[PDB]
> 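Mind looking over this structure? Questions follow.
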Amino acid sequence: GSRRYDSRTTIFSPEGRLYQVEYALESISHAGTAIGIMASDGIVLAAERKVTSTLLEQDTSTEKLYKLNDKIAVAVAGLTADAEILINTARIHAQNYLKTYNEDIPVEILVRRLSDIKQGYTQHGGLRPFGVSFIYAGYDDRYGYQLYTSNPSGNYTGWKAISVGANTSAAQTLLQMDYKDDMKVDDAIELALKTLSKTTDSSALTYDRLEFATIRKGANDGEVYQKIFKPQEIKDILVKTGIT
Amino acid sequence: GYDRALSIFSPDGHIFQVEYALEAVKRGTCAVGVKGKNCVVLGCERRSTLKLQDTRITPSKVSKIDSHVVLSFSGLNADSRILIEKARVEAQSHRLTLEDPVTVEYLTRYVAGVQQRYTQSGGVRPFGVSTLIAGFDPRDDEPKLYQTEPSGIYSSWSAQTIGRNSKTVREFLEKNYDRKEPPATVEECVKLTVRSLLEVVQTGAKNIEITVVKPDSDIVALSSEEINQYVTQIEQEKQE
Amino acid sequence: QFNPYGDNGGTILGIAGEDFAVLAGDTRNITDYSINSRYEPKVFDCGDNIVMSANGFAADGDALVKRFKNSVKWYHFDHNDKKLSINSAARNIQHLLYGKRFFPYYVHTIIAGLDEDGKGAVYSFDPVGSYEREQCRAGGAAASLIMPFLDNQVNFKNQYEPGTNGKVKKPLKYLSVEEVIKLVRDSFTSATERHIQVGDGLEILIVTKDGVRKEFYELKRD
Amino acid sequence: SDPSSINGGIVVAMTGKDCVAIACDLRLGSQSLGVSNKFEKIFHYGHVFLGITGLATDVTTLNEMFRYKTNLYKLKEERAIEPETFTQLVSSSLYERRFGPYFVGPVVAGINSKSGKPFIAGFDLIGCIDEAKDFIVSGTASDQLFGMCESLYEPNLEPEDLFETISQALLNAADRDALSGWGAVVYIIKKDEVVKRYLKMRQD
Amino acid sequence: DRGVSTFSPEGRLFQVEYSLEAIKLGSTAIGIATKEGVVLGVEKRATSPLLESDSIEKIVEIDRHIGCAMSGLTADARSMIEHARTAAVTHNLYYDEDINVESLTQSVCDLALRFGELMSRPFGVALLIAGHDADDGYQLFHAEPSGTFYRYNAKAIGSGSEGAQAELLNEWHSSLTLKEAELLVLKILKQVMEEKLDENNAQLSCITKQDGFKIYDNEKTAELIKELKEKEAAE
Amino acid sequence: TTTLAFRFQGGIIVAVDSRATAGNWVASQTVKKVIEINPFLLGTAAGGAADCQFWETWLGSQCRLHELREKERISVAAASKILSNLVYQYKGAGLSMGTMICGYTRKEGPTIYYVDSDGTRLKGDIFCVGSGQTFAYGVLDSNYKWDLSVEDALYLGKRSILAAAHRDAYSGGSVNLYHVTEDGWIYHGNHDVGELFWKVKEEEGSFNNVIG
Amino acid sequence: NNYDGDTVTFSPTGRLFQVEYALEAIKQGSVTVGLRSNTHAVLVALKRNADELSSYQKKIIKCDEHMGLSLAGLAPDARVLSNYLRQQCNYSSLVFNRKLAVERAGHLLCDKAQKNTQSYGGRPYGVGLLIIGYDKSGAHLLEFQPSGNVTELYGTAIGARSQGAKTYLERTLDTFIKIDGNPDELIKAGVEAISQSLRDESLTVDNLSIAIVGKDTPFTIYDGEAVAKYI
Amino acid sequence: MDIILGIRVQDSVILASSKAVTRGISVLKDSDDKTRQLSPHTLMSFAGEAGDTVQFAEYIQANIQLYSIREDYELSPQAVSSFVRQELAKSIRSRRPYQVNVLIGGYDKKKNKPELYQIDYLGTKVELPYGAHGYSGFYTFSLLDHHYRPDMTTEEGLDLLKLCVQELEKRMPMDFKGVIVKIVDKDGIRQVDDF
Amino acid sequence: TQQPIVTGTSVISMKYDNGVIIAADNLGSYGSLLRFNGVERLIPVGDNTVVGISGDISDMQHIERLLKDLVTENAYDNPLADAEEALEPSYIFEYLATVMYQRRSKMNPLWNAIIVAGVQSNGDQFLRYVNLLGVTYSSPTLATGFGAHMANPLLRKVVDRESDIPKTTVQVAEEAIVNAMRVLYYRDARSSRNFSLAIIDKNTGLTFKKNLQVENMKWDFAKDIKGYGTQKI
Ligand SMILES: *[B]([O])([O])[C]([C][C]([C])[C])[N]C(=O)[C]([C]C1=[C][C]=[C][C]=[C]1)[N]C(=O)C1=[C]N=[C][C]=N1
Ligand SMILES: [Mg+2]
């Protein structure tokens, strides 16, 4: 019957590893590098678009940075189509919580929910896992500014600074070197761009090959503003930091 | 629905999927449990390969199931959340119907039953997780410490360890733990738990987590400095 | 509007002796003011030395007896031909009745036989399954006519010993099978006189350690 | 017994020259018992304003529901929903409960951000759209509001004049209804400024 | 791969035969039936000295008149015990009586072959079901994952089963007392066990008509062990 | 129906009548309205006979399963809540039940729970349930103390049922007495009202209204 | 070989190996004999024990007052099929007030076993059955194979060494068919028939199992000292 | 059941609930506590149809306690009240609706403010300085309208509450056997044992 | 739950020494309108059973189809379908009785009253009743609707108890049935003159008589009846 053709996506290897999860992580390692850096007064999200074209309409394009709600955003690394499935689920979960409790969802709760969905695909259903790794950048009134990451296994962890996708080993070493606890957003912006500029496989880092975003309390009085950077605004911050 | 039998017997009478789930536990960070005369202590290893971590928000290794029971684990982290969630739901369900919190044995029996169910259900793989469940029964001052594993078997332990290099720390506990006279105080019990982890951990900095559970829902997690004082005193006595 | 219930009249009577038990019932079957049948058996041998009757709505009565007879059959299959005791049969019938708690079998059920010590036994049920072991019970249309007579003549209620004047009760001496059958016949003859749904014939099933015997007697056909 | 008149209340909306106005009373009651004098019935999602009369539990539920839907709209569309589009969303959402409806009387008001055109609309409990040029009324004193609006209203009123007209329409209608009153709020809406005014009225 | 419900060329179900191998790896359990009662005994087999042995529960009560011992993948037995307890109590509810030991065993064995592609595999545990009823008196059954059950005068299952069965072959007779049966289980357990038999690594239990099913205390078993040592040294 | 139960120094007293009626017709005078759930638990029966019988013997099965699974006697609180949660599932369907779940455990002491087909579950010291509950309450409330002897408490319960048997048309037949202590319940006989009334009247000097 | 992984696969020569492997389980089972006359029908079954402490596995199952069978192979599969027969016999009685015909009982078993041979996931039954009964057309004997094939016979035998008993019955055909109104002699012939399949072991009091049904004889099973008469 | 009151003062929320339980013609109990602690700083009183009240209260209690354990964090009174409202709003269009009215009194530790919410069985939520369910409000709201002041102390709140209970005992036909009073403030929940 | 629309009236029957007789008129009424005048309400099953049906005609036609289908099904894999394993009256009845009680239990009844008349394999007379409620009973005489009130009294004068059956011949029994049909025509406002009669004898088999009429009617005395009391002309 049909058993003959079943790949069995949710089994252990003799070493106690999940085949499909490991192979999904291998896929993600070829995706464009995404970086998240958390500062005292905000969070930075920086990401590299993969080998673009001059004929790509950049100003209406979005492959890396997505908005989950007004307080929380994510950077993507892996299959974009897979990520959008999860992103729409996450957007709904945040709205369910808001409807139930009349309060914005705490960042960790949203992260745990998406991470639990990913876990399910590794334990039951016989389906392939989502080939996606997220960097969550968000704010709430309990823990303040927070950075998380999740991967196809459904495991998630918190970070001060973190990278996903390609060249994470090199990127993480550079972040570990220059990161300090009393750092500010403007400094973190510079660190994020400098790290991408050194780890990139491209010849030079330009505005058309980047997506950038900040989450600042730099909003008029006690509140939080999300800023998805425009192409011209990425070009300006590249000149300001002295990369172009 | 996906009905495929993933956990099945082999010619030599082994269920490889359950056995490979134990290998995932072997890979996981070390966890240890020691019960004294009037307390239980849960020690856990944090691998220092991950720095630049945010320890405020990172999921802690020891999880409260109820105000009087805790659960630590070794193995797949994502899998452990599912068992913890089910256990927490069952704990509140027990309070709701029986009008009494769960006994540590009951909660262990439930978690163990879930693990077993995943070894002979279609379309699912076993949990790659072993747990240490510790606490005190309601209105009882006798310490309780139980262990579970992917197959679904469970049992009570005077002291026990699970995870990577658990063979070494179990060796330590077997010679150092006396049944006729267990750690009489909190200090003695914590000291013995930190000592056992120091056989395996590497550095005694942010790599050791300790959680003390006392009777009547008295649970507290020790800080870095408090643990560091135990690490200092142990090695100074060792220099002799 | 459709009414799923009807009333087929009739009356039944169970009496437990010291080492025997009887279950009697008239053979008339009716709707409204018409006679359907002058001889329609109502008390049934269900095997394992148990007799049963479900009086009231005959369709529900037949359905229940049919299902209990079935339960006896499967009890033998599932438990190595073990004899179904009267107490076990009673509890089983409770579950059959309560299983239709919200659309009841519209019947008054009585079973009779011997208990495990060999003594006579009668059990009585309401439509939704409540039951109780009794020494004496009449059921159905003329139950209100017969029960008081049985309180008086079987349990010697309101009877005392001459000379003492209300001080000493009449002693509860046991009744033979010949004495019980006399009381059954008189009960039904009296019921036939004053209740229009009772008559035609009387069929009695007697249960002893030897088995199940039958006796039939003519009743007034008006 | 009648769900639409247990809690009581009213909403009214009007168009003016380059502006719209929406107003409501503040009462929530349990039949004859007055419970709350702070129960506002006007909500807003971006620049689109929604007033809802009727059963209060449904008023709350629908607000939470449209907040839910307009937030997802904005994330996907990358722009705020417009009054014309929102009107269709309300109609769709109400009709899906055709044979188990929310017992409400919604009213949409706002200015289209692109065309600048003033827009108002009303609905019945099951979705039917009433898109009037002049004014929309809703609630337990809808008859009273119709009478006030039909006599007081004139087209092309300036914002500060429109405020007086709508305020007098609400106040005098509420005072002829037992289940309306206990305070009132008026929103004056222009293309890029919105003023909110609480009215002093009789508290019986 | 291959079907879970597949027959081998010899006419045996692969999965059932493989589960029997898992049972051979399990700890020893012995049952002996007499006219005065039925005795059940097990090897606890703790993996480490730090493991509190009294928490090892390989002898289990199903009802007041039925007990049960297990051998193999003991986690698999929990749902079987739950079903047995439910069946026993349910029958009492429906029929106002105790359930026959054979009927209880049959109910448990009906679960056995409910596997396919229902549960994903057979049970990896064998059971010794001992009890008493009025019809057939004191009884001992051996319930396998094949769905088959045999009644026994005496039976051993687990790792030391064929050695123990041969010993039971010689020792059992129809006039055995309860005391004689208790000592006989202890004798045979001590013979096949790896570690030295004591009250902490071995457990006794019995079922009588009067007192019902009872798990023995460690103090009570310790005396029977001491009584055994002396009578073996007596000749 | 008249059933009562009350806590006191010597444990719990449970007393019930025996009558069952269908309209004005007296269907039975020998009804067992107390149920022996186990050697430590008792349940009283008022309202629908079948509902009470069926679900209380069912309750005994659930209690037996609990102590098989948990190796421990079920608490009165847990036993009562199993029954109250069950009837709550059937709420609206038409079940008719008024019951007391009476018992003693080490952790609770003597405990009584009123459980009812509307879903009501109440812990308390004194309860009277049934058509003749008001008559029983009169005698109980005026004579109740915590410091009653087992002998005196038993009589008070017997007397309170008698009071209701007399006045309430739908109560009567006979009185069943139970006494629940540290070591379980103890049955204290069937007392026919036809003999008990005249005995109490003569000895107690009560019921001077009636002629004898 | 490559075509025996499941029941849904024909081999190149048109064989169903999983069905054939199920047939093999019957040959491993203990011997049982069936025979009939015009008035009575008899089942004789050699019960098998695990060892000397064990009991002798029961081989005969009652389905109705007028019908029953003996089994050889997987006993749990016989329980499933006998339970199905019990239900079908019972449906016929409750709905139609009609005792189920033995021939129609065979047709129902055939169709139940067949579905398991044509569908993926399931498996064939691993047991063979000998059904005896007395209905409106007199005494009957059927032989059931888990391939689905059901056959009405005067006499037969299935299980290990069943060929010896089957040959004896083939010789005795003209004699035992005429044994009318004599149950003891018909059983004698059945006991003598099963004896042709014995090696090493002989028929003891707890070894032998006999069942009979006839004109004025309900289906009854004889075990223990009740069969000592025929040893 | 019958009477449940609530009043929010400067630094606390006070809930008063009747002790009587009546089934038909008899008062079966005169010491019943018509409240459940949802979290250390949140208390819910309830009144409605028999059985439904307790079943609903304990069901809510279990859900909030589950949240507290999962997140190791106490939900705000506003958040708890919204969860409760949604359950009742869901319930009203069910096969058999929960016939329960509630008051939720809580102290928000973040804002350092007491909060009182009134929710009926339809799922109608309102935040109030003082509230009541059933016929209680018909007597007590006039007194509270006069006497209430937003900055009363807890002692002043209890005195104003005594004036409400005295009026109820004078003019209501039903004997509700007095009230159990509970205070919710920064330090948690406590019961006034003499009232 | 429904209401009957097109309806059939009385079915009458009785036992005699060697068999059973059954009869029913050929009318299908639509309320007070005598709509359909050619409706056969006796339906034979094999050569040993006749099922007489009263009540709703649409439900009768459904039952007719069930019986037709029952014969077909019984023949399947049945070499003795026309012999030892043929359909008995008792089998046919029990089947219908099962269906009737099942349908009343789903609150969607077949709105009929049915009499199954026939002779068994051993020659025994079979006569049993079943209706929309699933109520069943047997008697030497059976009748539905108005027949119960008017026919039974007349037929019970011939066979009053079981012992009167051997003493009753086929000629005497048929005479009683035909008279009863006449009486029903006099007194039942939803009856017709035309009817069908069926005899099932253990010797001569099934005799099915169609197009029978009520004859020998007394009406002449009507001419003398004038007014309602005092009127003379
Ligand atoms: B008691 O009066 O509530 C009594 C207790 C019951 C357990 C036997 N109930 C009844 O007698 C009821 C009728 C009733 C009378 C008054 C109040 C409530 C109910 N009778 C029955 O349930 C019943 C059962 N079988 C036959 C006749 N009546
Ligand atoms: Mg009469």
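Each chain gets a letter, A, B and so on, in the order the sequences are listed, and its residues count up from 1. First listed ligand is number 1; within each ligand, the first listed atom is number 1. Hydrogens, waters and symmetry mates are skipped; everything else that's a heavy atom, side chains included, is used. Excerpt of entry shown; contacts counted in excerpt. Technique stated in the header: X-ray crystallography, 2.8 Å.
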> Quick one: what's the drug at ligand 1 called?
bortezomib (bound form)
> By the name used in UniProt, which chain has the largest number of heavy-atom pairs within 4.5 Å of bortezomib (bound form, ligand 1)?
Proteasome subunit beta type-5
> Which other chains line bortezomib (bound form, ligand 1) with heavy atoms at under 4.0 Å?
C, F
> Do you know what name the PDB entry uses for chain C?
Proteasome subunit beta type-6
